[PDB]
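What follows is a set of notes on a single structure, which appears directly below.
Using the numbering of the PDB entry, the residues shown for chain A are 2-167, 177-224, 232-302, 315-392, 402-435, in order. When a ligand or atom number is given, it counts from 1 through the structure's own listing order. Basis for what follows: all heavy atoms, side chains included, without hydrogens, waters or symmetry-related copies.
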Amino acid sequence: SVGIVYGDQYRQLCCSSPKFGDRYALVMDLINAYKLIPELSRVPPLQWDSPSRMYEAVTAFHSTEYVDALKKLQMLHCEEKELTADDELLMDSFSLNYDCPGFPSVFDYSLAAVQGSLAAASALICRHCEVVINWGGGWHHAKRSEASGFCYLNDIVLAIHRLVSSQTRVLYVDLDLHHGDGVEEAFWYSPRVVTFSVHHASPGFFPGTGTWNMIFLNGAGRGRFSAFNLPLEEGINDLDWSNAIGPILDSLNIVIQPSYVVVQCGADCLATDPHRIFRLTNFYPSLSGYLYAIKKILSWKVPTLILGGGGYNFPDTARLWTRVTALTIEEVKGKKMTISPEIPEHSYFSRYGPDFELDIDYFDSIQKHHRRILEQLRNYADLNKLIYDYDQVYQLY
Ligand SMILES: O=C(CCCCCCC(=O)Nc1ccccc1)NO
Ligand SMILES: [K+]
Ligand SMILES: [K+]
Ligand SMILES: [Zn+2]
């Protein structure tokens, strides 16, 4: 069974931010226009018995002082009066400024993604769903006491923490254009949560990590060799990104044998994203790199959490996430999900113009990374006393 996080209030909150606007409504209404909703189990966002219970849940990762500053930021932004000099200093000390500004629903908006991803982790734990999708989540940059790249609360870390605390090993796969720094850092010292981020990295490109350090860092203490990274040069197409990631994913699965897989599916790798870095598509016959990776992960038959993330071309993010959703139903249930290449009529139909089609409107260094990663995987397996066939893994690359 495939679950999807949705709710009336959830949709209102996920649509309340200045950066992501109505993106979540476009994604959910396109999935609905394509008649996918009757094939999915609605997973309600988690709600708490009291403010103390909510604080206990969020503070499993975030500091109380940061959560307090985030809630104060919402309160201050619900008042006409400008912030005092003292409050400006307090907010800057948590990086609650710049690409992480305040807005009237900043706390409710941030908390909603945590509510959705924690409920999605619970549905996997109780075996109600084999896979759960949360297009309102995937806020990979948020740190313990710091907002970063429009991520205020780290719903991923919190969902993984719920999964690990459920012998349990979690594999985290981050497909976003940006390095999954917040998640990687949270589990830097933990061998039980293996993190893998594929992303662009170049001088001055956000956040600056997931690449050669001035050496390639990969975790510390008992978590040494547990944080995997594949930085890629700009312009990579569906096929080359699929071949660069494919052997890594299969190798991680074979060696780690994860109990759960958590996938961040940021849509900013799309050729049509305004970042204009990678040339990935949502094409499903070249085959979308996203659809290739998700199909591979799903073939493992491991309980999986699929989350959103980046994606600044709202109708193109909806086009991709609708295809990921339909593919998830197909792979899990074995039921063919035929999707018309024409966008069906609905509320947001006008946003898919002027052509109104489902396909997005688009027409060696890796070998050295593969050898380095294989060696890191062997090192991780030896440190963690894991049994694996080296020849079976080496042959994958
Ligand atoms: O996508 C991110 C965050 C990256 C840094 C935050 C800036 C996001 C942004 O505003 N991107 C953009 C939007 C419109 C046009 C061009 C770039 N993390 O995964
Ligand atoms: K990534
Ligand atoms: K780790
Ligand atoms: Zn991104």
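In the deposited model, the macromolecule with the most close contacts to ligand 1 is named by the PDB entry as histone deacetylase 8. Choosing among hydroxyflutamide, vorinostat, mefenamic acid, phenobarbital, streptozotocin for ligand 1 gives vorinostat. Counting only non-hydrogen atoms, the option in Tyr341, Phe151, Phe215 that gets closest to atom 9 (C) of vorinostat (ligand 1) is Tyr341. Heavy atoms of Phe216 come nearer than 4.0 angstrom to vorinostat (ligand 1) in at least one pair. Ranking the protein heavy atoms by distance from atom 14 (C) of vorinostat (ligand 1) puts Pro291 CG, 3.9 Å first. Note: other ligands/ions under 4.0 Å from vorinostat (ligand 1) - ligand 4 (zinc ion).
Of the protein's heavy atoms, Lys20 NZ, 3.9 Å lies nearest to atom 7 (C) of vorinostat (ligand 1). Below 4.0 Å from some heavy atom of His142 lie the following atoms of vorinostat (ligand 1), by number and element: 2 (C), 18 (N), 19 (O). Counting atoms of vorinostat (ligand 1) from 1 in the listed order, those under 4.0 Å from a heavy atom of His141 are 18 (N), 19 (O). Here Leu187 has no heavy atoms under 4.0 Å from vorinostat (ligand 1), in either its backbone or its side chain. For the pair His188 and vorinostat (ligand 1), the shortest N or O to N or O distance falls below 3.5 Å. In terms of protein heavy atoms, atom 11 (N) of vorinostat (ligand 1) is closest to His292 CE1, 3.4 Å. Defined by non-hydrogen atoms within 4.0 Å, the binding site of vorinostat (ligand 1) is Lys20, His141, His142, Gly150, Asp186, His188, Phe216, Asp285, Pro291, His292, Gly339, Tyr341.
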With the criterion set at N/O pairs under 3.5 Å, what does the list of contacts between the protein and vorinostat (ligand 1) look like, atom names and distances included?
unit_1, atom_1, unit_2, atom_2, d
vorinostat (ligand 1), 1 (O), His188, ND1, 3.1
vorinostat (ligand 1), 1 (O), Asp285, OD2, 3.0
vorinostat (ligand 1), 1 (O), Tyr341, OH, 2.6
vorinostat (ligand 1), 18 (N), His141, NE2, 3.4
vorinostat (ligand 1), 18 (N), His142, NE2, 2.7
vorinostat (ligand 1), 18 (N), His188, ND1, 3.4
vorinostat (ligand 1), 19 (O), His141, NE2, 2.6
vorinostat (ligand 1), 19 (O), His142, NE2, 3.2
vorinostat (ligand 1), 19 (O), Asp186, OD1, 2.9
vorinostat (ligand 1), 19 (O), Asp186, OD2, 3.1
vorinostat (ligand 1), 19 (O), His188, ND1, 3.4

